[PDB]
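Featured here: a structure holding spiperone.
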Amino acid sequence: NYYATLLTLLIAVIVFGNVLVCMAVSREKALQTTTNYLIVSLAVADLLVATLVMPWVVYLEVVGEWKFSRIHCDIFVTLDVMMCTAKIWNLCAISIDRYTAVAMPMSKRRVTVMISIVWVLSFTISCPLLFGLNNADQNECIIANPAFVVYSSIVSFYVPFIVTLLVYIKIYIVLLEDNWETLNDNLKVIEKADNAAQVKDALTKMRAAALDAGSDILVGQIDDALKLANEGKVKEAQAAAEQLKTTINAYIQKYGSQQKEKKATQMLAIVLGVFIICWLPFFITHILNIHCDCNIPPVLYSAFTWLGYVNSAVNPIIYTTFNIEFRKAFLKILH
Amino acid sequence: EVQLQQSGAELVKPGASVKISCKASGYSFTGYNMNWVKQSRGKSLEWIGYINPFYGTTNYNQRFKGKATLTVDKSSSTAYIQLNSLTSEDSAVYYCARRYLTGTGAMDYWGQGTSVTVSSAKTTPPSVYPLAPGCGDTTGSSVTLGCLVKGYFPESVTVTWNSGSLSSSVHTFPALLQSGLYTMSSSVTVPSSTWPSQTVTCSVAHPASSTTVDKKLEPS
Amino acid sequence: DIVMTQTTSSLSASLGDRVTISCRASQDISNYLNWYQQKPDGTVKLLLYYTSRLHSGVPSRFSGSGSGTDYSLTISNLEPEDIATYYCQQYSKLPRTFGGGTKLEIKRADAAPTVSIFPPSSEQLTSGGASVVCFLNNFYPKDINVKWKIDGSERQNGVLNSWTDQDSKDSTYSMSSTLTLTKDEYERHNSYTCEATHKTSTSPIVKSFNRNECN
Ligand SMILES: O=C(CCCN1CCC2(CC1)C(=O)NCN2c1ccccc1)c1ccc(F)cc1
């Protein structure tokens, strides 16, 4: 009666924001990329949460007694668990796509595969509930099995969260103009060179300048080219220098793609952070209830349920604040 | 092996509150919802409600809302019912029971029950009156002697004849309320030739008032 | 609030007989009904669920049936352990409700009551009270009627009546009837009479005493 209208407003906000995200990516071609495709899948998941599941949760928050059939409750609890598992696995897939884009910038079949895998795995995880394994008592609607609570926390939350944290750690691991100028100048010096001393000196300066860029394949190739010059093999050193130019251009392209993608990476990182912040107290109280025998009041359960549901509305705000083309598409579709 | 042991009987003044416990043993406590059921003096049963021990959630009979409060202690694996604002209508037996998972809406294992008596009566020892054959009452081969136990509180008076030696021909009648106190009676039967030649004595024992009265039946 | 009705509160059956206990729901509970047993020691046992399904550890003498609003429990042969009170409960909708209960008694041969009457003790008269007591012992069936007469006129108020449960030994019943008067009213009348009608006799069984022939 009190929270009834308030969470109705939250449901409407979630629906509007996610429909907005979906349309903005659907019509504007600046946003039509694979990672944004995964983002739209996540938005569809949140929309399904707000539309199909949240009304019945509001009904239970209002009347306090599930006054419908056991199959009704089983089906909609199945939908709840499946959509939330889909959300977290979509976040994991987005982390994986960001790692792929940053590490290996070198195509839609993979996107279709990941989207289908996310939904297939979520439906597989949530299957047991529709088969009557949820034995809820009369006029109550919960996950009535603690063992299934543990299994769902393990496969639906802990594994995807840990894998996503590790992938984003790998991404954070991945973190010079005068150096490129020096490299190219010494490359052309080797190209116009006619003896071995000039090539040796130029490759020495190239190795000195290439330490700042690498960690390194470029340095090893420079060392191989450098062995050639002590033996006086000028033509072989020049061929190695031509392949070195290829490697240097590849480095330039890679660190340009990386600088382009870092901003979207940061936006998705803060999205993941907000998701974890919203959904952490729920599982914290669950683990307390299980491994403590803590007499936890249901008010905390409902409060943390809704704290985790709030995350279904903050993703469009993050897309608006931390992205340019998304905000442009928003303002344009509004008029 | 499953067992639900409930607390002892309660003798509460009206208006006060009481808290009955129900300790479970032999299964995972947090899985089986705990029901509480009332049985009035009239032997009729009422589903007070139930509580889910895992989530602490409760579902009440709308008739008992605000009268009963269901709680759990997962550490001690114990359910509790608390009755507030006690009136005469609240004195009854209260059972806890375990939700039968296989059978929807059924309770498979019950407790031994907990009596609750709401009364503003003070502990009162009993008045033991002897019942001997009447004034000009002609007797047959057998003679029935009696003892009337009047005006005591609370319940559980124990009546024996000749310290327990006479057991065969004894009838003990259940007590009833009268002027706010309990009354009961006992009868024994012996051959006429044996009384009063062989003593017959009734022993009434009221633990609550720490009292025992022995009355030896005599003619006339 | 589905009111459950059990047709007979008491029901007598010979040992090794077929017993049937009916239970009428106030509406169509669609075969959502369970049967519990409560022994004299108050212990409650789950016998049947879903109107026909035996719980674990109950013998095959028991069987349930029914549809719509009418349901029934059936004991093929009655054993002495089955003497108890049987309750039917509907779970078709909350709240869960129970039936009034049907208690079993052993059927046995008719038996006339032994009637004894006792005047008030002197010890009670010194308290200003006066209880006349009537014992009706070892009779069957439990259907008995007791009237109190003072100087020929019937008295209703001031009469307490206590029945015993069916006897473990002879399966009979007994009762006590107590007429409680003040000493003042007691000493203003002469004849005190305890009259008992029972199926075993066409004439009432009368036991009386006159207060002025006492010592
Ligand atoms: O499964 C979940 C979330 C489950 C939270 N939902 C669990 C079930 C719920 C709502 C909240 C509850 O608690 N009471 C009532 N009820 C309910 C269910 C269906 C219909 C009506 C009421 C998840 C979340 C994050 C994640 F990363 C992985 C999984």
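Below, chain A is the first sequence line, B the second, and so on; all start at residue 1. One-based numbering, in listed order, for ligands and for the atoms of each. Header lists the method as X-ray crystallography, 3.1 Å. Scope of the values below: all heavy atoms of this structure, side chains included, with no hydrogens, waters or symmetry mates.
The location of spiperone, copies and all, is ligand 1. Counting heavy-atom pairs under 4.5 Å, the chain with the most contacts to spiperone (ligand 1) is listed in UniProt as D(2) dopamine receptor. Counting only heavy atoms under 4.0 Å, the other chains near spiperone (ligand 1) are A.
Site of spiperone (ligand 1) with heavy atoms closer than 4.0 Å: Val57(A), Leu60(A), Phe76(A), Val77(A), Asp80(A), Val81(A), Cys84(A), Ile88(A), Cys141(A), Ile143(A), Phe157(A), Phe275(A), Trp279(A), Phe282(A), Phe283(A), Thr305(A), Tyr309(A).
In UniProt's N-terminal ordering, chain A has a heavy atom under 4.0 Å from spiperone (ligand 1) in these transmembrane segments: 2, 3, 5, 6, 7. Residue and atom in covalent linkage with spiperone (ligand 1): none.
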